[PDB]
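Since chain A takes its numbers from the PDB entry, the residues it shows come out as 683-932. As a basis for the values below, the full set of heavy atoms in this structure was taken, side chains included, without hydrogen atoms, waters or symmetry mates. For ligands, and for the atoms within them, numbers begin at 1 and follow the listed sequence.
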Amino acid sequence: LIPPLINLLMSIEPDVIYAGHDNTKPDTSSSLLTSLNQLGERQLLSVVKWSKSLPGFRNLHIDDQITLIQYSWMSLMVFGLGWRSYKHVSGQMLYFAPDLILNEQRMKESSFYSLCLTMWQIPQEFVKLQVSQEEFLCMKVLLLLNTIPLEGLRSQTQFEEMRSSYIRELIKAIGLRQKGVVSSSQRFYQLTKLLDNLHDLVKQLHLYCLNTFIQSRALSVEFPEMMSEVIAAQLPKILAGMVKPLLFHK
Ligand SMILES: CC#C[C@]1(O)CC[C@H]2[C@@H]3CCC4=CC(=O)CCC4=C3[C@@H](c3ccc(N(C)C)cc3)C[C@@]21C
């Protein structure tokens, strides 16, 4: 049977979130980017709500909670994007939302095709590894807990304990299907290596995002309130490498 913490994690998953995109008009660079920003805002609010229900998180200092959300939102959103694409469209479209689905042809006409291909890697890897929902749910918590300040957190002890607890839960999630010590240990390496590899992909997304933000007036792209502050609050520092990415492997 499924371990209770994994069961809890499934129960607190956000519901389906819509972009509010107007699909009756043809795509433009500005319209797509704006819908993506609107969806991002909605997904951020959803991440905040999720975090409030996430066992352990509310007991970290409030400053730490804010920092970890500010550090991890891009990772959580692209990982989510990968999951939805894998589950709803067999990994073969980018499933941003039910009203914002980009098949490859739409990607090619997006104006940011290379960015789409970079993002599209994640669901193709989920297809390759056949990631289970239980593994996904645990890995997603670890992404929230995958970067800390250079000086550490205020609730560092509690953070280490919480992070270690979700790593132990990932190991149980793996043990649900992959039986055999060799397979299970290899599976842990592969899934944790995937999380390590996400740091680099996410850096490309952070740069694109920051450039788009700076040039938002010229490009006629709107950035909502919570998006503007999470970017204001940490993106340059993160891009500069003035934080500590946590790696599972050297
Ligand atoms: C085209 C394009 C583009 C981007 O600027 C770069 C990565 C995109 C990100 C991917 C991963 C991603 C997955 C989603 O499901 C929603 C949106 C999303 C984005 C976009 C985004 C926009 C604003 C925010 N805020 C308000 C915090 C969050 C995410 C658009 C992003 C950043």
Participant: Which chain is the chief contact partner of ligand 1 here, given by its name in UniProt?
Facilitator: Progesterone receptor
Participant: What drug do the PDB records list at ligand 1?
Facilitator: mifepristone
Participant: Quick one: nearest non-hydrogen protein atom to atom 26 (C) of mifepristone (ligand 1), plus distance?
Facilitator: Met909 CB, 2.4 Å
Participant: Name the UniProt progesterone-binding residues of chain A with any heavy atom within 4.0 Å of mifepristone (ligand 1).
Facilitator: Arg766
Participant: Taking atom 19 (C) of mifepristone (ligand 1) as the reference point, report whether a protein heavy atom occurs under 4.0 Å from it.
Facilitator: no
Participant: Is atom 31 (C) of mifepristone (ligand 1) close to the protein, meaning a heavy atom under 4.0 Å from it?
Facilitator: no
Participant: In terms of residue, atom name and distance, what is the protein heavy atom nearest to atom 22 (C) of mifepristone (ligand 1)?
Facilitator: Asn719 OD1, 3.2 Å
Participant: Return the closest protein heavy atom for atom 5 (O) of mifepristone (ligand 1) as residue, atom name and distance.
Facilitator: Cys891 CA, 3.5 Å
Participant: Name the UniProt domain of chain A that holds most residues touching mifepristone (ligand 1).
Facilitator: NR LBD
Participant: Among all protein heavy atoms, pick out the one at the shortest distance from atom 28 (C) of mifepristone (ligand 1); state its residue, atom name and that distance to 0.1 Å.
Facilitator: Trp755 CZ3, 3.2 Å
Participant: In the protein, what heavy atom is nearest to atom 1 (C) of mifepristone (ligand 1), and what distance, to one decimal place, separates them?
Facilitator: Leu715 CD2, 3.1 Å
Participant: May I ask you to list the atoms of mifepristone (ligand 1) that are less than 4.0 angstrom from any heavy atom of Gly722?
Facilitator: 23 (C), 24 (C), 25 (N), 26 (C), 28 (C), 29 (C)
Participant: Nearest to atom 9 (C) of mifepristone (ligand 1), what protein heavy atom do you find, and at what distance?
Facilitator: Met756 SD, 3.8 Å
Participant: Report, in ascending order of atom number, the atoms of mifepristone (ligand 1) lying under 4.0 Å from any heavy atom of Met801.
Facilitator: 10 (C)
Participant: Of the protein's non-hydrogen atoms, which lies at the shortest distance from atom 14 (C) of mifepristone (ligand 1), and what is that distance?
Facilitator: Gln725 OE1, 3.2 Å
Participant: Extract the binding site of mifepristone (ligand 1): heavy atoms, cut-off 4.0 Å.
Facilitator: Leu715, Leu718, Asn719, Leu721, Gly722, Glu723, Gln725, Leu726, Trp755, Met756, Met759, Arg766, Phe778, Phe794, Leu797, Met801, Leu887, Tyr890, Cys891, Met909, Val912
